[PDB]
Protein chains: 2
Amino acid sequence: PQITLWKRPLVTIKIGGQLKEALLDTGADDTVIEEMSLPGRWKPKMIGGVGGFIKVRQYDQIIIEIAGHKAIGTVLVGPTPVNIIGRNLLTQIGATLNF
Amino acid sequence: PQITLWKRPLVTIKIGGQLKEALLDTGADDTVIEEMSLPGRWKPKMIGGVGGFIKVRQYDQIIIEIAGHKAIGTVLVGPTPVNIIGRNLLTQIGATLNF
Ligand SMILES: CC(C)CN(C[C@@H](O)[C@H](Cc1ccccc1)NC(=O)O[C@H]1CCOC1)S(=O)(=O)c1ccc(N)cc1
Ligand SMILES: [Cl-]
Ligand SMILES: [Cl-]
Ligand SMILES: [Cl-]
Ligand SMILES: [Cl-]
Ligand SMILES: [Cl-]
Ligand SMILES: [Cl-]
Ligand SMILES: [Cl-]
Ligand code: NA
Ligand code: NA
Ligand code: NA
């Protein structure tokens with residue numbers, strides 16, 4: 001699709017068999033989602049946003065569908081205001097910015 | 001242009017006579033720039049994200065040049081860690097996300 005930006009670019013994602021809403025975020029290096037159960041081990045990560053840096057859990061090689069496109073990659077879990085799809089998965093689904 | 005997302009989508013902007021680097025950020029509702037002077041009236045605002053909230057000054061009807069493209073709209077000014085061009089001005093330059 002071609003998504004304009006008059007509204008927030010919210011899509012449906014599927015992770016762990018669950019549908020969730022997430023924001024496509026070109027300003028996010030990383031994908032971060034609200035607290036949920038993911039398989040496997042995690043590693044610690046600090047991520048920086050507008051208000052400062054916070055600790056999240058990093059799970060690697062997680063299967064995730066984004067707007068119907070499949071991806072397998074790193075998902076961070078932590079106290080984010082919204083589910084965010086960042087550049088690490090936007091690249092896998094072939095997203096670009098155009099103007 | 002078509003901008004891939006392998007690295008941060010940074011562009012040059014001109015605002016208030018000044019050249020700055022800024023992030024094209026589909027996850028940002030509005031544009032927020034590091035501390036600088038702008039002409040006219042302003043009012044305080046809080047904006048929030050990962051890590052919490054910051055206080056900014058809201059200036060309306062400000063012209064920016066974004067990668068060569070002029071727009072006008074609200075610009076927030078405050079202690080953001082990165083200059084961000086948000087949706088309020090991305091729409092005006094016709095930016096879309098494509099995949
Ligand atoms: C969190 C989203 C919903 C909103 N933010 C935009 C995001 O793109 C934000 C931009 C940014 C990049 C680098 C450092 C600081 C900020 N990236 C972000 O936090 O990256 C994290 C999440 C995972 O990857 C790392 S905002 O900055 O809080 C914000 C809020 C309101 C307005 N009007 C403008 C901006
Ligand atoms: Cl949800
Ligand atoms: Cl869960
Ligand atoms: Cl969708
Ligand atoms: Cl990844
Ligand atoms: Cl503050
Ligand atoms: Cl505006
Ligand atoms: Cl349009
Ligand atoms: Na868990
Ligand atoms: Na894993
Ligand atoms: Na004004």
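Chain naming here is simple, since letters A, B, ... match the order of the sequence lines and numbering starts at 1 in each. Method on record in the header is X-ray crystallography, 1.3 Å. Counting starts at 1 for both ligands and their atoms, in listed order. Just the heavy atoms: all of them, side chains too, but no hydrogens, waters or symmetry mates, feed the values below.
Structurally, the greatest contact with ligand 1 is made by what the PDB entry calls protease.
The drug or candidate drug modeled at ligand 1 is amprenavir. Every other chain with a heavy atom under 4.0 Å from amprenavir (ligand 1) is named here: A, B. Not a single heavy atom of A/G86 sits under 4.0 Å from any atom of amprenavir (ligand 1). If you look at A/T31 next to amprenavir (ligand 1), there are no close heavy atoms at all, none under 4.0 Å. By the criterion of a heavy-atom distance under 4.0 Å, the side chain of B/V82, and not its backbone, is placed next to amprenavir (ligand 1).
Protein heavy atom at the shortest distance from atom 27 (O) of amprenavir (ligand 1) is A/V50 CB, 3.4 Å. In terms of protein heavy-atom proximity, atom 20 (O) of amprenavir (ligand 1) is closest to A/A28 CA, 3.6 Å. Using a 4.0 Å cut-off between heavy atoms, A/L76 makes no contact with amprenavir (ligand 1) at all. Amprenavir (ligand 1) places these atoms under 4.0 Å from at least one heavy atom of B/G48: 28 (O), 30 (C).
Between A/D25 and amprenavir (ligand 1), a contact under 3.5 Å exists for at least one N or O pair. Protein heavy atom nearest atom 1 (C) of amprenavir (ligand 1), with residue, atom name and distance: A/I84 CD1, 3.8 Å. At a heavy-atom cutoff of 4.0 Å, amprenavir (ligand 1) is contacted by the side chain of B/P81 but not by its backbone.
With hydrogens left out, the protein atom closest to atom 19 (O) of amprenavir (ligand 1) is A/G49 CA, 3.5 Å, a heavy atom. Annotation: atom 17 (N) of amprenavir (ligand 1) to nearest protein heavy atom, A/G27 O, 3.2 Å.
At a 4.0 Å heavy-atom cut-off, amprenavir (ligand 1) touches B/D30 through backbone and side chain alike. Other-chain residues and nucleotides with a heavy atom under 4.0 Å from amprenavir (ligand 1) are A/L23, A/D25, A/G27, A/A28, A/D29, A/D30, A/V32, A/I47, A/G48, A/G49, A/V50, A/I84, B/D25, B/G27, B/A28, B/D30, B/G48, B/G49, B/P81, B/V82, B/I84.
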